[PDB]
K.L.:
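I have a structure here, written as structure tokens, and I will follow up with some questions on it.
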Amino acid sequence: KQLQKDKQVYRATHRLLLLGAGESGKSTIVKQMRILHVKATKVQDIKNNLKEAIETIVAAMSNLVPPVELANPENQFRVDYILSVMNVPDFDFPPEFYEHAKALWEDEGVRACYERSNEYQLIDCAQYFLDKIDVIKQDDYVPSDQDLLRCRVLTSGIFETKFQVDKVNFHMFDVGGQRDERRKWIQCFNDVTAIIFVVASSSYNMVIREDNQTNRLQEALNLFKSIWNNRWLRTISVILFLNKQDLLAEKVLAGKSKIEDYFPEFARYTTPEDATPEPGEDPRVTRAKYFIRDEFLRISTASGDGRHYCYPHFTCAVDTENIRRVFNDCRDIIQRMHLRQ
Amino acid sequence: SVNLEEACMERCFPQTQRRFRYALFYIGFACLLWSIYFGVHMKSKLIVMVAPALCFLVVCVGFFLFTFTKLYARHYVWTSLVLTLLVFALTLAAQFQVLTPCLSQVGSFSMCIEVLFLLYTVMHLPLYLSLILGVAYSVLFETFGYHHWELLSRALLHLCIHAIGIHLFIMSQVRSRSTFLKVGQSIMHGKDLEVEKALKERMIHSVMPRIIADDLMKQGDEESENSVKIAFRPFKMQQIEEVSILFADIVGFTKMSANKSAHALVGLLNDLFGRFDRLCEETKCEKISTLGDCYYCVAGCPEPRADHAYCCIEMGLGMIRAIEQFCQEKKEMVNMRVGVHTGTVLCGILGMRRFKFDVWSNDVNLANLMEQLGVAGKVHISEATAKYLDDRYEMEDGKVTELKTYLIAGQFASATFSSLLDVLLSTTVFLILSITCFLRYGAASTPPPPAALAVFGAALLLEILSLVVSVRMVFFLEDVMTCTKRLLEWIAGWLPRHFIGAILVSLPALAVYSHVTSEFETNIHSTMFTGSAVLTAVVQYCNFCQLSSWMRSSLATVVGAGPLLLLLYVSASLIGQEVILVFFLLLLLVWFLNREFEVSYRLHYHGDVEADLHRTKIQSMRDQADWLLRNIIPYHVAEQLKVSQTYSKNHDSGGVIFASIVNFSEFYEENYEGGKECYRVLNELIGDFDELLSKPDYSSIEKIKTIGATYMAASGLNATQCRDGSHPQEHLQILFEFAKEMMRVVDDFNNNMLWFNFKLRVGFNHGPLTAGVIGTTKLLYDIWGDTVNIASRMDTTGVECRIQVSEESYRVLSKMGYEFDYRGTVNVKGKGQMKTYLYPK
Ligand SMILES: CNc1ccccc1C(=O)O[C@H]1[C@@H](O)[C@H](n2cnc3c(=O)[nH]c(N)nc32)O[C@@H]1COP(=O)(O)OP(=O)(O)OP(=O)(O)O
Ligand SMILES: Nc1nc2c(ncn2[C@@H]2O[C@H](COP(=O)(O)OP(=O)(O)OP(O)(O)=S)[C@@H](O)[C@H]2O)c(=O)[nH]1
Ligand SMILES: C=C[C@@]1(C)CC(=O)[C@]2(O)[C@@]3(C)[C@@H](O)CCC(C)(C)[C@@H]3[C@H](O)[C@H](OC(C)=O)[C@@]2(C)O1
Ligand SMILES: [Mg+2]
Ligand SMILES: [Mn+2]
Ligand SMILES: [Mn+2]
């Protein structure tokens, strides 16, 4: 027969649905899994992160109606160089191009524009990139694991992984988060074990690439409300990750972007007294992360009926130890829910 | 009744024969004990005793031979009559030679006890006969005793022993009735269960193939047994590769069935369908469903065949023989197209109402358009067909009229209710027991000790409290309070049955020990009388036949054996061997006897339990099977077909709608393992439409069948009564109300859906129609007419999210109070122009 043993090992696995908003870091988490518990395209898509980055800034300079001109306008042949290769899918990356993005990166409109690229659509991991491209004009040294984790790749289509952690079976799905791909999310609503949700932290002054009109944070609240009251999702507790801790931390150190000037819930807000702090901690950071924690948990207050729960934990995509700790705790909680019935 | 209860004991013959044979063993046991008592001890002065017991013994083994004979059927109860008449002549003949000085009340009375209950238990006489025989034997036996002080108590002994005898008698044969009745209905419902199991097996094997059926045949997953009676509903679909698909349909079907009387079209159409079924069963085929004029089959999705495509195309050449041989049978001018494609198909069943095993793929739609790109006489076969197809045929170009395709041409009596009678009867006989224990005193007026009156007091109070507690527990007054019955029987389990049974059993022996402490042989008449008294009252203990044999028989031995032997020993000269020898036959008698009755009681309980379980299983079988009959075919066509074979029905005015999910094609994308998650979504939707019809007022609508993503239902059939409160157009109007309702239901379905919408369009028509049944052992209820073609071509061309109305429906619905607007006059095949109206404004 062998239907019962195969169907019982079908029971005994650990499938993980990984929903979340667009370009959050879900694929980065799957990369973290294959670094923890588990060959030429990397040069290509990293250098296309480079190209699309630098031409998105350099094109986007004149697009800013606060007039952002070059502090070094003497590289206008490099400006027109980037305007020349602006729309071409094919490029060979000469050292002269490294002189182009190099000498652009010597200019300060690039740097204050990197302080102000959140005003439009642009990547959020280029400060890594231009320093590396300053180093990696040749790539005879193979790029590292952090180099693997910074590699932006657009994610769509169902990708699966089956890795094992100490007699614990992992089969999990990375799913895209763009709007048109949202018709594919019900494909993985078939009785999965757990649902883990990820929202980028600094997305309180930026918008999605669909409309370029409404904040990604309110997009995340709308998404959590749309899943949270479903007639198909009431039997799975949700583990809530809040990625990109440190980018929010350096925007606090910037002190230039305010949620309370946008979302005035934070304006008369006070800090929660049930906290558990971090070493060397600015209280505005704490009131920030506990504010957004209370913002999603406030939506988790509205329903549940003791059926589907809400488990707010925290993580950033640059700590091995955090994925270790809170994901082992995830293994504990999904052990409970894996034997809930 | 009469004959069947007669045949009962005709088959309860050998067991009464058996216990009766060992009653004869008890008779030879009795002649054996007469032989030892008159053999060793005394009476060595006349040996007259031994010979009637010896001929009584050759009666024993001689009628053990005569038990086997065959001149015996209308004889064996009369053989018992012969036996007990030899008993009567034995004891009545041997009694009298007394009054010389010695034999006491105990001897002859003990004889009468053994005779009487050996009669009333086993000898199997009737009511009247054993009745007047026992009574007559009693009165003439006691006047054999004689040749108004103590003889009155003798008659009390006799009438009480008769009353307990007839009690034992009537309870014995009512168990003989009810055991037989439970076993007989147990032997009817088992075979009825098996036959209706075969009927349900026919209903499973008339709608589906064998594999998913045989998953439903052995409860391998109890999700299906839980699916006969929240996250996602369960349904069977498997995504299989390398199958083939054959479509066939009549070209120019418009006018060709005009002048049919709705049985002639059934005649030629179902005749050709019968020849289709013949060639399918001869050509090893997988037929699916009849889509109006189109009929179609596939090639081995449960069983992937080795030369499968050749079976498909030569099978379709079989359909070429069908059109040539049945057409030139009927001399018609007709033809049919055939399109065949090889590809992969996900197959299964959706829905939960009127469902049907169907198939899904764009390879299927490729076969659909090859029928659309078809031509007569030859089979239209694709690239993927001819890429491996052994080239043993006539291949030709299937070219465009305006995708790489070829052509082939050829080559009563309840438990506590009886405990009412054994307790209540036990205490009225206990009443005359202790009454007789005292009103022997006619030469005296009172018993000497007061502790006798104490035993009278607590004994009568305990029996009367058991009396009132049981009788008000049973006869259901429910006036003051009943919770003390629940709270006191709450501790009266199956072991307090043993114990309080031992209480009410054990106390009357102490009540005949109301005369036990001081003197009893100033007059020996008191002594012999109290010995006869306690040996009389000791027989009471069997009346609780509902407790165990070692337990009651041993307890009966204790309380009926202690102070008799022990009070013989304190001191009236020689009585011991005979008095406690007859105690010995008394004790083995009561052990064996109540042993037998409690075994009989246990067997009755067994024979009730098993029949109850089989009754439950036939109840579940009828619900599940008749639930399938309510599934597959409609109701009054089950009233016409249910006891017959044919069906054909004209209809004159009825309503019919289509519903069209638009954007399921763009939502489809199959990058996943079959993409069948999307079919789980679609099946949740169609299941929600299934739940829409279970309203009582919306049970007046009859769903026809499912067609891909096109939904289909009709009304105007459920009104089979000329009622006085049924409007001639009500099902039309409320069917429109249901159409707006299911518009709101699909609105709510996209409300649960995220960032996405499903569009739909619906079309209406009323008109005459045709009720028909097609299949033979694989059936389908179907409708036809021009009207369904009108609503068909309507909703085929209908704009989405709106309600599509015919001009005559425009003529009726406004006067049922509905607003519309003129859309235009859209071209309708068969009608030329037809004037179009829409509901949304
Ligand atoms: C007078 N009208 C009829 C009387 C008795 C039996 C049938 C009809 C009738 O109207 O038949 C039409 C459909 O209702 C009836 N019908 C066909 N398929 C279906 C179908 O799938 N569902 C329903 N409810 N009715 C159907 O077939 C006929 C049209 O078929 P198509 O439009 O699909 O094109 P075709 O199949 O190639 O036929 P043709 O073009 O050669 O003339
Ligand atoms: N600095 C920093 N960068 C991060 C962090 N998390 C993700 N990123 C970067 O963001 C980029 C996008 O992450 P990615 O994994 O592609 O999101 P995704 O959600 O899986 O992509 P999609 O399915 O929504 S389209 C990655 O290149 C990654 O390096 C973080 O916590 N800190
Ligand atoms: C409904 C889903 C989908 C995509 C699947 C499919 O294969 C089809 O159902 C068949 C071929 C298929 O179900 C066979 C029956 C039928 C009714 C002939 C279908 C229609 O042509 C459908 O198209 C229409 C018109 O709905 C189509 C193509 O639609
Ligand atoms: Mg991704
Ligand atoms: Mn046709
Ligand atoms: Mn057709």
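The chain called A is the first sequence line; B is the second; the pattern continues. The PDB entry numbering applies to chain A: residues 28-65, 88-390, in that order. We number chain B the way the PDB entry does; in order, the residues shown are 97-197, 217-262, 278-359, 380-552, 566-574, 780-939, 976-1245. Order of listing sets the numbers, starting from 1, for every ligand and every atom in it. Just so you know, these numbers use all the heavy atoms, side chains as well, and skip hydrogens, waters and symmetry mates.
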K.L.:
What would the PDB entry call the macromolecule that lies against ligand 3 with the most contacts here?
P.N.:
Adenylate cyclase 9
K.L.:
Look up the drug at ligand 3 and give its PDB name.
P.N.:
forskolin
K.L.:
Which other chains make heavy-atom contacts with forskolin (ligand 3) shorter than 4.0 Å?
P.N.:
B
